Asker: 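Provided herewith is a single structure, encoded as structure tokens, for subsequent inquiry.
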Number of protein chains: 4
Amino acid sequence: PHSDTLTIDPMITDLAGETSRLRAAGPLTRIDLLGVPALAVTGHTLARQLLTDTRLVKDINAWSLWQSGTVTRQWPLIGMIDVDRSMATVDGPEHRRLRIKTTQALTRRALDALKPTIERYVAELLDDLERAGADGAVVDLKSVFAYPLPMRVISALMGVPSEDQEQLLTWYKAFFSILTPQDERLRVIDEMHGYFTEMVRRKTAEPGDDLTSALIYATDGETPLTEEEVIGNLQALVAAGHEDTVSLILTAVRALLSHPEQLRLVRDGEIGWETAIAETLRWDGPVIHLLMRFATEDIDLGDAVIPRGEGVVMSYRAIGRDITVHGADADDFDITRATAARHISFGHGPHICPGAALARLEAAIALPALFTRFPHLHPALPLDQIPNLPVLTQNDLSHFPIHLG
Amino acid sequence: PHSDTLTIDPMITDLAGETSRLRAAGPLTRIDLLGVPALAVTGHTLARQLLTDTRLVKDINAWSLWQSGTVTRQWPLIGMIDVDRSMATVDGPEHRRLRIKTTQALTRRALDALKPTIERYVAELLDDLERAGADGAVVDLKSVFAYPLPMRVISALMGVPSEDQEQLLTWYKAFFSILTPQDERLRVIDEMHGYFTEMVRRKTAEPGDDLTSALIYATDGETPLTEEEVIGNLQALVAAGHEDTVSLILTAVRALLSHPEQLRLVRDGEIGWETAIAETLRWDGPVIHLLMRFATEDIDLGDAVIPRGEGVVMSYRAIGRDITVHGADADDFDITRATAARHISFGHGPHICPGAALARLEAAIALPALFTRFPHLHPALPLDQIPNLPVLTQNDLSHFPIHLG
Amino acid sequence: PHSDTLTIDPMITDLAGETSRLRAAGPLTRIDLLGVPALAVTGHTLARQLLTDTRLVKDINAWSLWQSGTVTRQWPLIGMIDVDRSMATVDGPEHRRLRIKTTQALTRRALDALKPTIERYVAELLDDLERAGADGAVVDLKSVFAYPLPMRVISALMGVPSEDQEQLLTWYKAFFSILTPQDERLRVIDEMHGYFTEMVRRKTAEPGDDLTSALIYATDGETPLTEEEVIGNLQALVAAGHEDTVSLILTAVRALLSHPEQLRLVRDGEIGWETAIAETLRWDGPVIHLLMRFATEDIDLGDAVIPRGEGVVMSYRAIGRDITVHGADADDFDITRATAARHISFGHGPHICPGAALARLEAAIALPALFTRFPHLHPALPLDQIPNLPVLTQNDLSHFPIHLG
Amino acid sequence: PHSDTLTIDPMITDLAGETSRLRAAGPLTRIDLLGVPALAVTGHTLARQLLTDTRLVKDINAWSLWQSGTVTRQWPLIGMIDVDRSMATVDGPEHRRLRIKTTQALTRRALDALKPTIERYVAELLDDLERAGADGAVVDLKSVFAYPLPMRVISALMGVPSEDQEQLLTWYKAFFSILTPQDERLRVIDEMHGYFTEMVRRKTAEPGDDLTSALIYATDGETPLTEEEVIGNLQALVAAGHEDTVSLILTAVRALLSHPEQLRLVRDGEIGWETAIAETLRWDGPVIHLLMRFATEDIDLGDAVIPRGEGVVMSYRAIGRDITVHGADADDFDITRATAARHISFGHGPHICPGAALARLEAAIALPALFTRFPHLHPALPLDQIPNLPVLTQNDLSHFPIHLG
Ligand code: HEM
Ligand code: HEM
Ligand code: HEM
Ligand code: HEM
Ligand SMILES: C[C@]12CC[C@H]3[C@@H](CCC4=CC(=O)CC[C@@]43C)[C@@H]1CC[C@@H]2O
Ligand SMILES: C[C@]12CC[C@H]3[C@@H](CCC4=CC(=O)CC[C@@]43C)[C@@H]1CC[C@@H]2O
Ligand SMILES: C[C@]12CC[C@H]3[C@@H](CCC4=CC(=O)CC[C@@]43C)[C@@H]1CC[C@@H]2O
Ligand SMILES: C[C@]12CC[C@H]3[C@@H](CCC4=CC(=O)CC[C@@]43C)[C@@H]1CC[C@@H]2O
Ligand SMILES: [Cl-]
Ligand SMILES: [Cl-]
Ligand SMILES: [Cl-]
Ligand SMILES: [Cl-]
Ligand SMILES: [K+]
Ligand SMILES: [K+]
Ligand SMILES: [K+]
Ligand SMILES: [K+]
């Protein structure tokens, strides 16, 4: 049945159907997010244009529905938007000051110092896979390998103690799940804020060799970051650094296992692993929808107008399936396509993902290490039967049962 | 493709297909349980006969595969069989001594003293549903209502402190999941044993108004139960009292919601709630397979012989679908059928479930309370899309998204 | 994807799906009629109760959406509600005065005088079928037989000249089609009003042996009907007398042709033709939705409240599929079922169809005459491929290709 | 079930299946046209050869079935063949005289004088779409835009008065529909002949600036056309000029809406509109079968022989799907294919469509005007559910429900 507003299903029962419908109704279309209306950008070229348009800001105070009190903290998606001041909420000249220390710490050269730590965690978790898969038993690749690894890496970078990481994982699972009761979710949001507040206090009194300390003590240059800004950057870096990288690792393994000819190309050195990672990001990336941007004034696109105060969502999954950019086979996984590295699954413009080099590095180490260690790894359950968790905006897989072979 | 040994799929990908194949290949057929062979009893009349045959015992030491060292603690299903001495592991005259105090405490008349406690827990968890479902939000009926309720009831009966119940739930989820690494599963089994050992120590020093204390301090009649026997009975009562009752509540709601005409019959008083519960137990009961029985000698059934030392599994789900007993519509949910209360989903013979009256009482209170409180309750996800957890022998649903209406 | 408001599709793409969804969400549920909200009564028992509830009136001025100017004449369904004063728009004591002369003229005994006229028209149109079907050609059963017949009968009863009937058919097709541009639809509504206004003028100056003349000149008893009341009754009698009877004839033929065993039962005298007509009315009747009733005050039904001013639609098709009344096979056509004549497809309460005896008489003459004349009549197109016309509230078939045989 | 004669289904229930079966059974195969046998040419190269073969003539008197009286005016397709003398019925030297005045009037340079008239009608009917689609209402693109436009254009060219065009539309709908009773169809054929006879009389007494007058008064050169020849040319020009162009406009919109990437290419100027029109003509053109040609003697094709007197049909739709000419993707709509302008959907040889430049001009004006005016135009009904009218030889769509957006 036809409707002009596409309701994003919170259970993610038909992700493929929604992504195709969003593309067909694009590049700009109305969507419904749990009773709240917004515009969705589903086209590649229009996304690049709007992601650099200074009239679209992240600040929730620019949202006419927030101004009128129509949307409140009872909205189950409010934790994705109504967050503390950070690089994720600011635009304009002040944005660069909130990003500079993080981008400096996340350059390829800076990450070379972190590479041996990543190698150690990959090796340790491969040992866990080996023990778990003994005697031909079925193993959850997510819980044993892909789920803990990015948390370990981002915790080492930021300075999160090893004993605290299980609690963070429990919090994020409740934070992202649509099934979490809203009173519990807001409570989890408060508990996470309290944890990172105390972590910043702990690093202020006793700084260490970690990014959090660098945010706290920026040394020469610029106004010091406020407590809210340090906590906000910390919160965004851990959340994204963990959530998105877990998805990239799992979807890459799923794509390569279901395309064994292409897995052979990367294992034999005919196609680079980073090219396989790029096509995974384009075809099956971590972000489904990015909430949210708001128009500070009317934005005229010629045929259509984005009214002042309207909310605008970047539908990165639909954007990756753009037929105008990638061709008629955009819905297929093909690491040999020429437009693989043309994706914008890390974003575009000022808010482009600062951890993109780290995400690429983690996947580029973990993936060949996994398939070299277990060359006969294969699913114990048909890959197409692996369901998504009920997470509206993130491409989160539930579990990944495999046999080591 | 045809095969003579039916492999029970650990991912529960096709439960309907397996149940029909087990019925078609029955009433006695060979099955494969994660590489271990056994016979499956899938016929109603043959089950009743074998459940009273004194030549089939629960003791794992009668298993020829256990005697020969072929099956070890590395088998992922070993926690269902190699357990402490209890009413679940003994046969013959000593069996009655390990059951008498429990059956005396679990009669319908004895349970009348527990009814107000059950009513309070149902009312409290319905309040949780109301808060979780505020503003039309989607609610997990399992996590908010059906999952905690039987744990609170069996904990009140046995004397498990309120603060310890979340840890028990965590243990049982790992105990039952096939995805749990076997070293972790064996550790959880050890941690559960340590908890219940200390609980018996705590109740020995300071007995209370609970069944555990009754097992510890009987009257002058009969030999006192050993420490192993008390712990063993306690472990079986909590595990079954929780695990099976959660499934009954969820499957009853699923069956009634997908058959609103039949839900109307029970709410309007034309069919009793206990009849709707009986048909749920027959059609979609908590136990899929019951492990395990072993022949002390050759058992001649006419057309076939069960060799001495062979393992025998009661496939209660397939048994409930017996067409010879229930008719050509055995695969349909119909609370008006005449053979509903003729099911043996609680077992038969000496090992018949001792908590059947409590399971019936919990469901008979919780179900009408749920539908009276939320008369417009309905699924937020198509009922047929609710998956089973990867638990081989138990009918465990993953989650139950609903709207209060 | 799940939604709490069921949008009635104007293209009638999935009538079966919508009818089942309306039943499943009933007996009272919210619907969307081309952007306008209303409640739909989809349950049999609740319909009978509300159709006799004096707090639900037909007068559009009781509609809060009409009072507030939210709904206007630009709404494509406004011609079904905002009509002239007649028996269709009034409730209470004045309702009986607007119905008495019509009900007196439409009793079974009064209709005996019209039977030879119906017989002549059936015979004439069967002759048309014979000529149209010459040399084995395909014939549109609708255009040649079922479409003109009820117009000729209701025109003979009301006094519509033979030469004017083709224009009336053209008007009604535009009136009912959702595809008609709204400015054109409003013009057709005005042209129909002008025609019937002049017809009443013509009958006032020169009365005849017809019902229209009877409405104009009653006896000394009671106040004479106003001009608006005569025109209004005339318009309702012609519209319903034509539109609904065409559908009944076509759906009866479709149901019997797709169930030749049941057609054999009526032709061989084991089941009466009026019973086959009753099951057609229950299973595939002319009315899909009846617009519209409005609550003069809050109506408490126990679990729900119909707010004052809300619009209430009788979904007669969904009501006919009531499983609580007709059993588990309610979606099947079965003239031997015991509940066939228990349908309320003619309505219930004061507004019950006054022409039901005439509709039954027309079908009871036409159907056996058709099958006696052409015993080998059969479809030239698969019956399930016959589409509905885009008419939201009426069960209107597009065309009915047959061969005479 | 296999048969050597392919029966063309008069209801067009499976047009895709028949077209593929005709191609698979080609390039020359037997078909059944409502009980009348003929040969069908379904291959591209064989069509070009036979369309220039002087042994295949249009004259029905060369048909052995017509000579023997086997086929008569009772055949429902006889109006496509047994027509008055015109350019459509003559072959050889006399053919050019019946075509010269028409081809001279239909050159691209001559049509430049008609372009402002086409622009005015497109603008007027776009205004009708705007009014019909007000307030988001569904609009029939056929009835409001595509159906009247070619009639207006061909009427302006030929000199048909504006007030007479609705009657012509009504006649042609009955003429083409297989559901029309044959006695009514022959009557419609007579009424059309009477209308065009009087139109030629009217233009003879008072000639105007139109093609009909040019046919009547050819000025210098050649024998004057007879009354039968003028009426015959007039009849063919209006019938084809209207019927085929309506189909081209609707199928082009359907193809572009279902391929939004390709619609973007033409709207952005990367592919010419005339290239999109060419691929629409190749893939989904107006003519399905062209009746009919007859062999004046035995025609030897090497492997097969067309016997003298046999009827030969050009299956232009199947011809457009020729895999030998267009490749393995011939069944796909792709305006970027290299063989798009290689189609013969306008025919080939002496009888090639004389109005091809006019059809291309009408579509090349109307299509960009439509999408420029309503850039967000989209279907209100799934495009694949738009059915064909029961017209055997013409690709006639029933209705085209859209929203303006
Ligand atoms: C694993 C693959 C990853 C993907 C596909 C991804 C993608 C994205 C996207 C789409 C955005 C928002 C762009 C927008 O505003 O529209 C973003 C922002 C961000 N990401 Fe990533 N990310 C990934 C991993 C990471 C990692 C490893 C980190 C490390 C901490 C990280 C930290 C951040 C932060 C802090 C922002 C906010 C930047 C800003 O708003 O200025 N992400 N990412
Ligand atoms: C909710 C529905 C329940 C079902 C369908 C069920 C079913 C069963 C079955 C099939 C057996 C084993 C029969 C055999 O040996 O083949 C069993 C045994 C047992 N059940 Fe239940 N059960 C339920 C709830 C409960 C409850 C509420 C308790 C309370 C503590 C309980 C405690 C036990 C114990 C201790 C045994 C072992 C008895 C023995 O081996 O002697 N179960 N049950
Ligand atoms: C062919 C089968 C027919 C069916 C299934 C049918 C059904 C109905 C229904 C459902 C209603 C409205 C009930 C309500 O208010 O909810 C109605 C009212 C009415 N019908 Fe019929 N009808 C049929 C034929 C006819 C015929 C032959 C006539 C003759 C004139 C007629 C004239 C009317 C009139 C005037 C009303 C308005 C009565 C009032 O509102 O008081 N209908 N009918
Ligand atoms: C809209 C797209 C059109 C298509 C695809 C089309 C196609 C055709 C075809 C296939 C034929 C017969 C070729 C044969 O004999 O096998 C034909 C003939 C003819 N068409 Fe068109 N036509 C179109 C539009 C028009 C228009 C706009 C006119 C203007 C009057 C027209 C007038 C004629 C006439 C008079 C003939 C007979 C020519 C002859 O037999 O010498 N057609 N057309
Ligand atoms: C959306 C995101 C996950 C959720 C993050 C978001 C950055 C801002 C942020 C700060 C919080 O306090 C909660 C999590 C969020 C909302 C991240 C940007 C890229 C990644 O996908
Ligand atoms: C199988 C069962 C769940 C697992 C229980 C079993 C009784 C014996 C038992 C004692 C333990 O220590 C672990 C759990 C088990 C193995 C129960 C009998 C009925 C219920 O379904
Ligand atoms: C709805 C109906 C068809 C449309 C009729 C309606 C009665 C009232 C009426 C008067 C009019 O002027 C237009 C048609 C309508 C709106 C009829 C009652 C039963 C039949 O189905
Ligand atoms: C077949 C046709 C439609 C019907 C036209 C035909 C040209 C000859 C002709 C003269 C008539 O009198 C009726 C219509 C017909 C039969 C046209 C040629 C191309 C177009 O498709
Ligand atoms: Cl990349
Ligand atoms: Cl029971
Ligand atoms: Cl009836
Ligand atoms: Cl072309
Ligand atoms: K666009
Ligand atoms: K593909
Ligand atoms: K050939
Ligand atoms: K294809």
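Each chain is given a letter, A onward, matching its sequence line's place in the list. Note that chain A carries the PDB entry numbering, so the residues on display, from first to last, are 5-409. Chain B is numbered as in the PDB entry; the shown residues are, in order, 5-409. Chain C is numbered as in the PDB entry; the shown residues are, in order, 5-409. The residues of chain D that appear here are 5-409 by the PDB entry count, in order. Excerpt of entry shown; contacts counted in excerpt. Order of appearance sets the numbers: ligands from 1, and atoms from 1 within every ligand. What you see below is based on every heavy atom in this structure, not just the backbone, and it leaves out hydrogens, waters and symmetry mates.
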Asker: Just trying to sort out this structure - which chain has the greatest number of contacts to ligand 5, name per the PDB entry?
Answerer: Cytochrome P450 monooxygenase
Asker: Would you happen to know which of pentoxifylline, testosterone, tapinarof, diethylstilbestrol is at ligand 5?
Answerer: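 From the list, testosterone.
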Asker: State which other chains have a heavy atom under 4.0 Å from an atom of testosterone (ligand 5).
Answerer: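 Chains with a heavy atom under 4.0 Å: A.
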Asker: Tell me the protein heavy atom at minimum distance from atom 1 (C) of testosterone (ligand 5), and give that distance in Å.
Answerer: A:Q398 OE1, 3.7 Å
Asker: Taking only heavy atoms of A:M84, which atoms of testosterone (ligand 5) are found under 4.0 Å from at least one of them?
Answerer: 1 (C), 4 (C), 16 (C)
Asker: Do me a favour and list the nearest non-hydrogen protein atom to atom 7 (C) of testosterone (ligand 5) with residue, atom name and distance?
Answerer: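 Protein heavy atom at minimum distance: A:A240 CB, 3.8 Å.
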Asker: Can you report which non-hydrogen protein atom sits closest to atom 18 (C) of testosterone (ligand 5), along with the distance?
Answerer: A:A244 CB, 4.3 Å
Asker: What atoms of testosterone (ligand 5) come closer than 4.0 angstrom to any heavy atom of A:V87?
Answerer: 10 (C), 11 (C), 12 (O)
Asker: Return the organism named as the source of chain A in the deposit.
Answerer: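 The deposit names Nocardia farcinica IFM 10152.
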Asker: With a heavy-atom distance limit of 4.0 Å, tell me whether A:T397 approaches testosterone (ligand 5) through its side chain, its backbone, both, or neither.
Answerer: neither
Asker: Heavy atoms only: which of A:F179, A:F200, A:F180 lies closest to atom 13 (C) of testosterone (ligand 5)?
Answerer: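 Selected option, by shortest heavy-atom distance: A:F179.
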Asker: Quick one: nearest non-hydrogen protein atom to atom 19 (C) of testosterone (ligand 5), plus distance?
Answerer: A:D248 OD2, 3.7 Å
Asker: For testosterone (ligand 5), which atoms sit closer than 4.0 Å to a heavy atom of A:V291?
Answerer: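 Result: 21 (O).
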Asker: Any idea which part of A:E247 is under 4.0 Å from testosterone (ligand 5), heavy-atom wise: side chain, backbone, both or neither?
Answerer: neither
Asker: Can you confirm whether something in the protein, heavy atoms only, sits under 4.0 Å from atom 15 (C) of testosterone (ligand 5)?
Answerer: no
Asker: Going by the order shown, which atoms of testosterone (ligand 5) are within less than 4.0 Å of some heavy atom of A:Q239?
Answerer: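 Reading through testosterone (ligand 5) atom by atom, the close ones are 11 (C), 12 (O).
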Asker: Just go through A:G236, A:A92, A:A243 and tell me whose heavy atom is the nearest to atom 5 (C) of testosterone (ligand 5).
Answerer: A:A243
Asker: Which residues and nucleotides contact testosterone (ligand 5) at a heavy-atom distance below 4.0 Å?
Answerer: A:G83, A:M84, A:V87, A:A92, A:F179, A:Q239, A:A240, A:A243, A:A244, A:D248, A:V291, A:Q398
Asker: Enumerate the pairs of nitrogen or oxygen atoms, one from testosterone (ligand 5) and one from the protein, separated by less than 3.5 angstrom; state names and distance to 0.1 Å.
Answerer:
from: testosterone (ligand 5); atom 1: 21 (O); to: A:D248; atom 2: OD1; distance (Å): 3.3
from: testosterone (ligand 5); atom 1: 21 (O); to: A:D248; atom 2: OD2; distance (Å): 3.0
from: testosterone (ligand 5); atom 1: 21 (O); to: A:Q398; atom 2: NE2; distance (Å): 3.4

